Amino acid sequence: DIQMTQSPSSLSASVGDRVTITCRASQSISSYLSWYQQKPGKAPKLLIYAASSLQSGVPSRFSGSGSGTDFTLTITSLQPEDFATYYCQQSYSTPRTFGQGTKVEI
Amino acid sequence: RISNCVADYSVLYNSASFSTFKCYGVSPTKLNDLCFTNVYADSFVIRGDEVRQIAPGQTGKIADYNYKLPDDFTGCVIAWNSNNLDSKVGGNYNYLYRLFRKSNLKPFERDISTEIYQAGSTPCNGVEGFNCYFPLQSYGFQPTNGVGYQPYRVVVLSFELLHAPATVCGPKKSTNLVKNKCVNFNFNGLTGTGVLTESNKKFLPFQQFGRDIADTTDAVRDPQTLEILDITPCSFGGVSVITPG
Amino acid sequence: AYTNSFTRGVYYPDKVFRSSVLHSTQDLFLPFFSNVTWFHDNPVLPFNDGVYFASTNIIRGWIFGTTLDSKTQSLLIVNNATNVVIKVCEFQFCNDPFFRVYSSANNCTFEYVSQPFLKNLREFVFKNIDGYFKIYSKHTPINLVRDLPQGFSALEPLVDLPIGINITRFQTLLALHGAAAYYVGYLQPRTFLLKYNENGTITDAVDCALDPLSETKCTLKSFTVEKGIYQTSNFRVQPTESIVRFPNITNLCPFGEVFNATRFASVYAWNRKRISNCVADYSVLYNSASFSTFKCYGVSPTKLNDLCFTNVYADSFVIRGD
Amino acid sequence: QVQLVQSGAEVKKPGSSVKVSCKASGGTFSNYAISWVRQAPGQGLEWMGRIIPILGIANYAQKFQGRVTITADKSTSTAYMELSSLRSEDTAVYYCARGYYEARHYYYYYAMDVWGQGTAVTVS
Amino acid sequence: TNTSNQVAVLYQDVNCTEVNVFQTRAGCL
Ligand SMILES: *[C@@H]1O[C@H](CO)[C@@H](O)[C@H](O)[C@H]1NC(C)=O
């Protein structure tokens with residue numbers, strides 16, 4: 001089991017804020033990281049794959065970076081529809097454990 | 001496995017539907033004058049620019065890990081355009097081909113395992129991951145693909161030629177036997193010229209022909225009647241001219 | 001228990017008739033004067049490269065396979081109702097086979113029915129070569145139970161099955177209801193010189209590697225050697241271990257970056273890099289498998305990791321598929 | 001765009017079995033796997049396993065192995081999840097998702113780009 | 001073979017330590 005930690009556990013922000021979320025694995029897992037945004041009562045949406053590639057159909061305000069074990073997702077201009085939960089996911093080995101999540105409140 | 005039939009390759013060849021008919025160690029049109037012990041028919045579907053790899057001495061993903069032909073193959077490889085039947089609207093992703101294996105296949109080896117290919121040190125616990133690849137990938141057949149990538153059905157007929165009884169013979173009608181005459185014979189694929197006589201060599205029920213020290217057959221068992229014919233080369237010798245001058 | 005094999009276990013190696021001739025052949029034969037395991041409940045026996053079997057109608061049928069657990073195809077020979085049956089089904093086997101053995105008959109890919117066979121011993125030879133399972137046998141009278149007869153007798157072939165199953169182990173089968181006995185030896189790729197008489201039956205044979213006298217008999221293609229000095233082979237001491245000696249150089253080659261470079265040059269301006277004085281781990285290159293075309297000319301691709309070159313020039317570019 | 005449409009919520013007593021469906025709409029299982037994800041009430045996501053219909057290969061997390069079965073129909077492109085020996089801790093939302101397994105998609109690293117609406121299964 | 005089946009082996013130009021043994025200038029007999 002790969003131990004994966006998200007940070008921060010929760011944050012409060014207003015429309016227009018700059019948001020940065022970090023995801024660290026307990027050991028090197030290269031670029032096997034996917035990013036998802038999830039709204040209450042809806043399934044998550046894939047935002048960033050391969051640690052740095054921007055997913056098709058995702059607004060360009062989201063961006064990804066990071067190297068080694070620590071990788072970060074940045075939201076340049078928080079929008080009303082951006083209030084949601086953000087998940088990172090490792091695919092290095094089975095099972096593909098998910099984090100406990102990060103709740104973003106207004 | 002096909003055996004005990006009158007394999008009429010002449011009808012099969014002259015059909016223009018086939019796009020590749022390549023035979024090694026046998027000429028594609030003389031096949032109808034030979035008899036074979038057993039013929040193996042292999043069949044599968046591959047992409048266009050990979051049929052070139054279904055040949056002896058070849059390399060590449062299919063030749064190394066899917067279907068490997070021996071260096072001394074004696075047989076035929078047949079291929080034709082399946083684009084209409086096998087390719088479906090919206091892409092036909094049903095046919096799979098293997099890219100990875102611990103070692104290259106030995107000739108005619110079959111490997112249908114689906115275990116994850118461990119390419120690194122980290123063990124793969126039954127789910128694909130880093131250095132853990134699924135061994136198969138599907139063909140992206142689409143009606144708009146260029147001919148080079150369109151699917152091709154391939155049948156490989158392998159012919160064995162051992163010191164064993166023949167069963168599949170081209171449909172050349174049998175004829176009467178003439179003894180004590182210099183004739184050119186063809187006994188179930190063994191060809192030659194010589195005089196056929198009775199023999200007193202008691203072949204055992206399992207032996208078909210007898211051999212001499214040299215690269216020549218000395219006796220043969222005729223089919224239908226199982227009788228034993230000795231074959232002695234037709235009389236010959238040099239000619240000298242005596243002239244007083 | 002062990003017994004001596006003497007001069008038994010010779011079979012017609014090529015099924016082409018010969019007469020009054022000494023023929024040298026290379027095949028799987030049971031080496032002469034070898035020890036054969038004597039069994040007198042039945043054990044699991046290895047099959048390796050072929051088996052010689054002898055027995056003296058208690059012992060009917062044989063079972064061959066790899067795992068013997070219905071997971072792989074297994075050759076089964078049974079003598080029932082005077083018509084011998086051979087099948088290659090994935091039967092689920094018992095711990096001690098004796099009809100139970102023929103249950104779960106599915107995924108059957110070959111079935112054959114033949115005529116029946118078996119103070120007389122019943123010798124059999126089983127050989128699996130290139131997918132052909134060849135079975136040879138003969139019956140011969142005996143009046144000595146303490147050992148295996150001395151003498152010579154060639155084993156007439158019976159059949160050849162194109163099964164093509166990877167066989168690794170086999171077991172004998174007893175009549176279902178202090179026991180019977182059988183002898184089994186293991187075949188080896190030894191060279192034999194066989195004497196064919198006028199009628200076509202092997203009357204004698206010499207093992208080309210058993211003894212120096214047999215080496216001369218083989219090399220001279222004769223069963224009697226007159227007095228003299230003869231050369232038969234060559235003594236050459238074999239290497240004991242492999243040793244690799246290489247410079248202390250530990251530098252890694254640029255190969256890694258060259259494949260993974262983000263910006264590639266145009267095909268008209270192909271990029272050339274000269275590479276020397278560095279170790280190159282082609283195994284990382286191989287196991288980084290994402291390539292659609294890997295074709296090497298004038299060297300084997302699988303053996304690029306075992307040589308040493310003066311220098312590697314790396315050219316690179318981008319093109320279209322066709 | 002290929003979308004996944006799942007069956008509606010189900011209420012079942014403990015000890016019974018549940019059958020969730022997942023249908024492809026506007027597409028087919030063209031070299032894609034169907035993964036299943038779990039989400040307890042007020043909790044995060046839990047990955048359980050995935051099926052490759054093309055070959056009928058199914059993989060599951062150790063935790064659930066034994067009482068959980070995923071099957072798929074490639075011709076109609078419909079997968080169904082059958083869970084037996086239901087206990088009260090099995091109440092959760094189950095999502096199906098399109099994933100990758102082919103080496104040719106190495107740059108996607110087995111991500112899931114389209115998710116179904118989810119099916120809530122309540123055990124009580 | 002008409003007189004005896006006993007044999008002797010001569011290893012030519014191969015001084016013998018490597019596997020009665022009599023060393024001759026022709027080899028090891
Ligand atoms: C060969 O068979 C004939 C009769 O079939 C017999 O007279 C002769 O002795 C046999 N030859 C040998 C060497 O036994």
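Naming: A, B, ... by sequence-line order, numbering from 1 per chain. Cropped entry; intra-crop contacts only. Computed from heavy atoms alone, side chains included, the values below leave out hydrogens, waters and symmetry copies.
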>> Help me out - what's the drug at chains A and D named?
In response: LY-CoV555
> Which macromolecule makes the most contacts with LY-CoV555 here, by its name in the PDB entry?
Replying inline: Spike glycoprotein
> Which other chains sit close to LY-CoV555, with any heavy atom less than 4.5 Å away?
Replying inline: B, C
> Most of the contacts with LY-CoV555 on chain B come from which UniProt domain?
Replying inline: BetaCoV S1-CTD
> Which single chain of LY-CoV555 has more heavy-atom pairs under 4.5 Å with chain B than any other chain of it?
Replying inline: chain D
> What is the listed source organism of chain B in the PDB?
Replying inline: Severe acute respiratory syndrome coronavirus 2
>> So, with heavy atoms and a 4.5 Å limit, what does the epitope of LY-CoV555 on chain B come out as?
In response: B/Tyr93, B/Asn94, B/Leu96, B/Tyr97, B/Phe100, B/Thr114, B/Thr122, B/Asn125, B/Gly126, B/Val127, B/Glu128, B/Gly129, B/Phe130, B/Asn131, B/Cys132, B/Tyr133, B/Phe134, B/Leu136, B/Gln137, B/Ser138, B/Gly140
> Which residues of LY-CoV555 are found within 4.5 Å of chain B when hydrogens are ignored and only heavy atoms count?
Replying inline: A/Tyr32, A/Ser91, A/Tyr92, A/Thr94, A/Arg96, D/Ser30, D/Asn31, D/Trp47, D/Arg50, D/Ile52, D/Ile54, D/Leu55, D/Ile57, D/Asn59, D/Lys74, D/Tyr100, D/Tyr101, D/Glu102, D/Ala103, D/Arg104, D/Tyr110
